[PDB]
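Since the structure comes first, as structure tokens, the remarks are kept for the end.
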Amino acid sequence: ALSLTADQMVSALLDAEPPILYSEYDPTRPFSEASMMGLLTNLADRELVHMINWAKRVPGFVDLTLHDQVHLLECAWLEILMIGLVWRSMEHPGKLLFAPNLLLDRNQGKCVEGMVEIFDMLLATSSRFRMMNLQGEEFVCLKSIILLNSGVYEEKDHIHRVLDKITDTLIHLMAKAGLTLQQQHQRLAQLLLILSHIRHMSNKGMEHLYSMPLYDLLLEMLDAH
Amino acid sequence: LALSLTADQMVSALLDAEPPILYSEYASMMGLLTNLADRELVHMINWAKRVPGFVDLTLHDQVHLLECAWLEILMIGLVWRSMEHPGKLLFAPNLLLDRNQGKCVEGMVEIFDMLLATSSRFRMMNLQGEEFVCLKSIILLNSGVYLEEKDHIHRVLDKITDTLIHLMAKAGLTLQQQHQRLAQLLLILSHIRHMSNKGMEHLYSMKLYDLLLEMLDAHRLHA
Ligand SMILES: O=C(c1ccc(OCCN2CCCCC2)cc1)c1c(-c2ccc(O)cc2)sc2cc(O)ccc12
Ligand SMILES: O=C(c1ccc(OCCN2CCCCC2)cc1)c1c(-c2ccc(O)cc2)sc2cc(O)ccc12
């Protein structure tokens, strides 16, 4: 785990990338609040399966005990679906690419009980990713970080060194791209601060989701794996 | 102006803006914390106005920044002042609570535990006051940041990163240790946001835009 070079880390992660799934094939439009919720729910659930496989490929992840793994996923799943959303939405200004066959815009997002707020936040995040020209290899570094860090609250120590290893890898990608040492640290901070907002959106979303078992589910899923 | 400060000028500006540590004036426990929070707010606005870049913002923007960061600000200060009081939260010098005392409020334990773990992690990394003050300003500037305006703030933020690294180098960490520590501290900003988000839920379960607007307004007519 802590034996991978910057480059080995990066390729490992890129390989672990989950596939991009599709929305239940053309149901009916315009959707309703429940119909859209249903497409979104079906999608998320199917994506949750791949997430488990990806998690299991995240350096450090499978060194933890099954129950700690469940804890990290329990807490990060929504952040992780969201960073994937934002990233695949980058080249669709004004719209979110929940799936290739389900590209919604601000107005569609209002069909559901106050997701406008989040949708907008989400919109702004890919926008900033676009603005910063976020790169694939950095994106995968940010996801792994979200996975290890949202739930981190000799094992504690282990995760902190994997986390330090991903920072190393993020700065290594920046240097190799020619950034100045000053630009390196600035970009590193611009990225980690975006995790603050990502977290923010998942807490808002979790609230919106519950206004409208996971442990056991993930345990079952993680153990089955 | 803000963008022209050196790393060391930034730090002292900041150290200078520190609010005073207030005391508990003593829904009893909830009373105590509401009174404390309320009086702290008043100084927060004041310190806000001394964060480089902050006053270059429109009044609306200033209120949006505090509207979203106030609780993260209160918490990071609680955390910091709790550091050397393992097992307890030092809400005030005359109001040091423990895990169990936090239990007397429904839902407070989980946040309380979270608050405890954050000060623990601050202890663990030997967070320095200079670094602390740096992290508070980033919180103010970042939690509500979501067009030469957007850009200003982002530059102020870059300068804070610069200052953060400066203190680290100055302290003698290696280049590698610098980005590592920088990253360790900024991931703690997600947990802080997390506690704030959870804390507002809890606050509103129990039972401000203009409040700050007036406050930010009144500050220009204050002696
Ligand atoms: O709409 C969803 C969403 C819907 C249902 C979900 O979960 C339903 C239940 N499921 C139970 C087993 C554990 C996995 C979750 C999760 C996300 C998505 C998001 C969301 C956005 C705004 C908002 O206000 C609330 C949520 S973002 C997102 C990205 C995706 O790839 C998929 C769904 C989503
Ligand atoms: O208890 C408080 C607190 C209590 C009442 C508050 O609100 C007072 C209402 N007021 C209205 C106008 C805006 C300013 C707040 C805010 C914080 C504090 C915290 C808290 C912790 C756990 C939790 O679940 C909820 C809150 S943390 C904290 C730090 C302080 O310096 C002061 C109070 C606090």
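Protein chains get the first letters and strands the later ones, always in sequence-line order, with residue 1 at the start of each. Indexing begins at 1, ligand by ligand and atom by atom, following the structure's order. Heads up, header says this was done by X-ray crystallography, 2.6 Å. When reading the values below, keep in mind they use all heavy atoms of this one structure, side chains included, and skip hydrogens, waters and symmetry mates.
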Find the chain in most contact with ligand 2 and give its name from the PDB entry. estrogen receptor
Drug identity - ligand 2: raloxifene
Other chains with a heavy atom closer than 4.0 Å to raloxifene (ligand 2): which ones? B
Quick one: what's in the binding site of raloxifene (ligand 2) at 4.0 Å, using heavy-atom distances? B:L33, B:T34, B:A37, B:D38, B:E40, B:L41, B:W70, B:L74, B:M75, B:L78, B:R81, B:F91, B:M108, B:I111, B:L115, B:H202, B:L203, B:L208, B:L211
Is there a nitrogen or oxygen of B:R81 sitting under 3.5 Å from a nitrogen or oxygen of raloxifene (ligand 2)? yes
Just which atoms of raloxifene (ligand 2) are under 4.0 Å from any heavy atom in B:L211? 12 (C)
Which of the 17beta-estradiol-binding residues recorded by UniProt for chain B place a non-hydrogen atom closer than 4.0 Å to raloxifene (ligand 2)? B:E40, B:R81, B:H202
Please name the UniProt domain of chain B that makes most of the contacts with raloxifene (ligand 2). NR LBD
With only distance considered, is B:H202 within less than 3.5 Å of raloxifene (ligand 2) through an N or O on each side? yes
Go through raloxifene (ligand 2) atom by atom and flag the ones less than 4.0 Å from a non-hydrogen atom of B:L115. 21 (C)
Please could you name the atoms of raloxifene (ligand 2) that B:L41 approaches to less than 4.0 Å, counting only its heavy atoms? 13 (C), 14 (C)
Please could you name the atoms of raloxifene (ligand 2) that B:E40 approaches to less than 4.0 Å, counting only its heavy atoms? 30 (C), 31 (O), 32 (C)
May I ask you to list the atoms of raloxifene (ligand 2) that are less than 4.0 angstrom from any heavy atom of B:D38? 8 (C), 9 (C), 10 (N), 11 (C), 12 (C), 14 (C), 15 (C)
